[PDB]
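Order of the sequence lines sets the chain letters (A, B, ...), proteins ahead of strands, with each chain counted from 1.
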Amino acid sequence: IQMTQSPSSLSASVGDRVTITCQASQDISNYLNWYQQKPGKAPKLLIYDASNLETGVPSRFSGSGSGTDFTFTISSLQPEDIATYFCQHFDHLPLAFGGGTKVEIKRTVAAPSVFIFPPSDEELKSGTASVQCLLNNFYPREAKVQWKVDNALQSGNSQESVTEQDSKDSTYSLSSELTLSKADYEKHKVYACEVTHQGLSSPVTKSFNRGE
Amino acid sequence: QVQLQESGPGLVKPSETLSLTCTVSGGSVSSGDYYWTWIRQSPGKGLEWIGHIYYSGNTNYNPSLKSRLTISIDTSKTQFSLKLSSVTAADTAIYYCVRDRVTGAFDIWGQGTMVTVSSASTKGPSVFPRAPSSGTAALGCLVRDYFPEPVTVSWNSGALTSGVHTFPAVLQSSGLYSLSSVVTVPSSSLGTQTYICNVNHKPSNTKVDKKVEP
Ligand SMILES: [Cl-]
Ligand SMILES: [Cl-]
Ligand SMILES: [Cl-]
């Protein structure tokens, strides 16, 4: 039994009615469960037997369907409802999950707070240097971070990492790290991080001179 | 409520035998209402049902893994186990032990344990402080050059959670992971409040409490 969920992802505003679907390659009656998985956590059962609400689950969650087509509904999307939602059949073995529908939240644009961190003394003493540019609590997720070393545009020596969407204020945070050897790091003075984002009317640059 | 917890090596070599144990606490394992289940999750396979065992010892496996699958149960110790032999890089995943109602519902999950299939040896991380630069002040911790995943970070032993952002690990060109955790605090409390990030890397049994000073 191949389980097909749709859509793969969606973004909805807080308080919106959200409906996702799950299609089985053959009739599975009502032997269908829905699970909610937040990042870094195990899935949690919400709906069993296609339409029965699990004990303790808020009433804004519901499900329906029979045979092949099933739906899952959040009547009023809450900030804490962001997750990937899965359907799971138990018609016969082996049990199988759907691919999952990622429910994200649209909120108003929010500009990042930008911080820059020079490498510590003890990190340089180990032979490596990592300059971090921090973008805190912004929306949308899209953001451009460019590194400048003595006003020279870097390319290929930086890595980015973005958090999942916050379950309270629906923002993202991003860490951009410029990684160099201690020797290459000592060859330059000014290290700069330029941030372009929808919430900033102009790109923001945070920088420091080596040693401060 | 019943709690399930996986335990076992987070790193296993190819061809070798992956062994996991689930410890059921708070409730008995000799129940006729549940199938004691293993489920794994990876980006390439999604959520995949491995198999389960009934407290009488009868098992049911996924045909995809059936050749290399062994699930046992020990009702005296309230445990059930997973043995997966002849492991492949395709077996690297998060493994969960799950309680499944006989009516058909995974209603209790363990937190899941990350198993990486690699020829390399475990390496504990080095932890470096990201001192505040100086409104609100940002500080952080750099957890770098560890293997395998994962590393967990808390601040002040879990008493400081507001404003904490722990980023996903990044793979470096050296083949090791590095991770960053940050927290935003009022610049006023820098003098009076001490900030410790607690780094735990279970695969290497590494615990580090790194104080972040101005
Ligand atoms: Cl210079
Ligand atoms: Cl250290
Ligand atoms: Cl963590």
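Located at chains A and B, the drug is listed as panitumumab. According to the deposit, the name of chain A is ADI-64597 Fab light chain.
Per the PDB, molecule name for chain B: ADI-64597 Fab heavy chain.
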